[PDB]
Participant: 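This structure holds resiniferatoxin. Let me ask you some things about it.
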Amino acid sequence: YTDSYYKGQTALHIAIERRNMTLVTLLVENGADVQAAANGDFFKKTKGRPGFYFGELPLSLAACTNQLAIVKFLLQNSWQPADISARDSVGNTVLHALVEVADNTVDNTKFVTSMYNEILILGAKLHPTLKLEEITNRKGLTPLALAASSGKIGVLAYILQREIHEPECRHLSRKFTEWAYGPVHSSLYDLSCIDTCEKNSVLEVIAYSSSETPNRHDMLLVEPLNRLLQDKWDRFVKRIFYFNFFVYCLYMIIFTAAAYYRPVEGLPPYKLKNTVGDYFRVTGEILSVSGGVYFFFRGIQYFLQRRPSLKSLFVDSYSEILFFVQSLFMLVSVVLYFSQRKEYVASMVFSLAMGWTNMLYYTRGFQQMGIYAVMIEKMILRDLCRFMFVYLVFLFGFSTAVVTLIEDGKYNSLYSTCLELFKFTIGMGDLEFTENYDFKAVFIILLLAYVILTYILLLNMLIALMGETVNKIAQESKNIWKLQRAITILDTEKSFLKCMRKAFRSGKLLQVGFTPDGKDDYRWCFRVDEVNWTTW
Amino acid sequence: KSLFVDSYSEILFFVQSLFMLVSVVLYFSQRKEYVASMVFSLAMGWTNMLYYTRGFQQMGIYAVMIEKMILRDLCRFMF
Amino acid sequence: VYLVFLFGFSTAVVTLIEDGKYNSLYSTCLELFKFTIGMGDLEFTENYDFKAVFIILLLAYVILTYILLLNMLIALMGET
Amino acid sequence: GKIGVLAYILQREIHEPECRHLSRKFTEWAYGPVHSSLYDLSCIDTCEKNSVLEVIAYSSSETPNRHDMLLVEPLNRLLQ
Ligand SMILES: C=C(C)[C@]12C[C@@H](C)[C@@]34O[C@](Cc5ccccc5)(O[C@@H]1[C@@H]3C=C(COC(=O)Cc1ccc(O)c(OC)c1)C[C@]1(O)C(=O)C(C)=C[C@@H]41)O2
Ligand SMILES: CCCCCCCCCCCCC(=O)O[C@@H](COC(=O)CCC)COP(=O)(O)O[C@H]1[C@H](O)[C@@H](O)[C@@H](O)[C@@H](O)[C@@H]1O
């Protein structure tokens, strides 16, 4: 085809689609180009149009459709064998395509894992010196990195625990068994491109996901990742986390002390008196502003490094947004302070409040507290927002009714009546707060209707809905806790402030000692003991 | 019977308008009681804003659940 | 969690208040605590400037603690 | 309110010569696992008198499954 929609499609592609082994054999026999790239729009992702992306190549097409016989033929035909390492216009190989077509369903994932395995075996058999799994597409992603980024948990789970029991394919494995006693045996996970690598370490890809990856909560449950994160935590990060928490606590105490003893004279900035208390006060103020600047620049670092696309900028990393807002309030307070405006106080208190509230960020890393904080966040985003919309509609409607009814009274104003009706919500509503009206029956009927709708119905409904929510987000909260542990571990090991290399764990062990050549393979493996009472 | 077991929003908007018209009649009738009518319409008007929560997936469900809570649980409880 | 919130907003409010009857961490802490037991005054002082800031802080505290946290506690106990 | 019968009819597909024209669901193209089907929509969107959507929506509230019938695939996608 020459049209842009089916561009590049030929007889071989059609033969593969129809699953006709005979026609494929004849076409290859007749000199068909096994590398003919079908790169029309119909064979691209292109979400706004129909299509089917399969890597544009006949080998990739056979692999994606669970046609193993055609794959073996295309790789090992006499007339024109296919290039196993060929790449499409995106740079994707067959393995990248197999990652792409994954969707974590049992039937899809089963054959996707099996075909991926078979391709690896064949690639070893035809090209022992070729390392397919290191090839990157135009995005720099290996098949493992692509699977981790796209959330294809099934494929990732297969790869990370890949063990191949046959001669001359042992080196492809990533899970090894070093020694075995009876029910107990000690396995080794490879951890290359998991712990640390050039660009797309799997932990870094998962933790810094865009929050729209399907299974980002579940991917860290995979055995080697969870054990590695726990090891990093216990060995290196736990004490540092506690230290950071302690330092933040000291910072908040200092900020509180500095703000509490602010002077009450007008027109800042204030002349420093030659007395001990004021030297300590100004010192605390300087430390507070310093911390504000620190968190400000960390926030900018976050935004630039992650480049959230204006929706990921808010729906996730809620904590960094809040810390950044605290720093903004601190800096605006500084500007107003040196601007000779009293309004700096109005900024400072907000920062102070935010600071103490942001203490809850450090609840994560405790299994029980972090779930609590996670549920707070999710409730604020969903249920409190919906409730506040409805409640404010009722509040404003009945406030307007009551303030209209009242005439030439103390209240007689939208603010006062809104406040006085709000007092019903907190269990302080007077219910006789004024007599400056006519038609007392109308007044009392309005208040009773408001009370029944808001206090009795809506608040109790809110409690019921929050119960329904927690019943559904308990397990999601558990996985989110694990996710944050992963995130803090990565940030701690990447910042590290001291060029300390002990964070690199698991030790340089020898896996096989016999690569495709005579060399020996050292792969920094991570040891995991297991016990099993079957398969003696 | 279908007039009352279903189509509550039509009832509520119609009743609001009835309160408004009664307010007009009282207003030109030289009775201060028009205020008593007007405020009721005003209150109902704002609550009828919830009618428009349909067309939003998140809020529409919430409005439906409020409707069902009123019709079942609040009615039983208030009795 | 509640004590974190209470202390944070008490510190903010007592910072905002100046040369008033309350003007002290203990009294303001107690006064904000009164909201939890359904006795919060919500206009317990005028010894400040920036009425908008003070009332905003009190409303935010009320919503965060009284509305969200207590009902959330009920939900968590129900799960337990 | 006979949801089962309606659910059958609206996605009815007949695979034989001289009875294709009775079908209301068609498959235009099917490439790999992906295939583009077509729903007939005669007298669902608009009809002489009793369009299916009009009948369901303006039902008398005593129909059994009036809430559930819009879960039938072509209707839900059409309404969206
Ligand atoms: C979500 C946005 C960014 C938000 C930021 C500020 C302005 C905030 O007001 C809100 C608006 C608001 C205020 C009061 C009631 C409802 C909503 O809610 C939060 C935000 C509301 C919060 C919620 O408290 C928390 O987020 C604790 C927390 C939970 C999980 C986290 O990962 C976390 O990271 C630090 C912090 C506290 C305030 O920051 C706060 O203490 C002050 C004085 C106002 C609250 O805006
Ligand atoms: C003095 C002031 C008092 C205010 C009193 C009123 C408070 C609520 C006001 C909120 C307004 C919402 C609204 O306008 O109506 C809502 C809520 O109704 C009520 O709860 C009134 C309680 C009486 C649902 O109305 P809806 O039109 O969707 O009815 C549905 C049909 O359409 C649909 O086909 C189904 O058959 C479905 O079973 C039907 O329900």
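Quick note on labels: first sequence line is chain A, next is B, and so on, each numbered from 1. Heads up: this isn't the whole entry, just a piece of it, and contacts are only counted within that piece. These numbers come from the heavy atoms of this one structure, side chains and all, not from hydrogens, waters or symmetry mates. Start at 1 and go down the list; that is how both ligands and their atoms are numbered.
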Participant: If I want every instance of resiniferatoxin, which ligands or chains should I look at?
Facilitator: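 The relevant parts are ligand 1.
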Participant: Heavy atoms under 4.0 Å from resiniferatoxin: which other chains do they belong to?
Facilitator: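 Heavy atoms that close belong to A, C.
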Participant: Name the source organism of chain A according to the PDB.
Facilitator: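 Going by the PDB entry, Rattus norvegicus.
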Participant: Which UniProt resiniferatoxin binders of chain A are under 4.0 Å from resiniferatoxin in heavy-atom terms?
Facilitator: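 The UniProt-listed residues with a non-hydrogen atom that close: A/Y318, A/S319, A/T357.
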Participant: Just wondering, does resiniferatoxin get within less than 4.0 Å of any transmembrane segments of chain A by heavy atom? Which ones, using UniProt's N-terminal numbering?
Facilitator: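 In UniProt's count, on heavy-atom distance, the answer is 3, 4.
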Participant: Which residues of the other chains approach resiniferatoxin to under 4.0 Å (heavy-atom distance)?
Facilitator: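 At that heavy-atom cut-off, the site is A/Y318, A/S319, A/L322, A/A353, A/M354, A/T357, A/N358, A/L360, A/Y361, A/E377, C/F9, C/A60, C/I63, C/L64.
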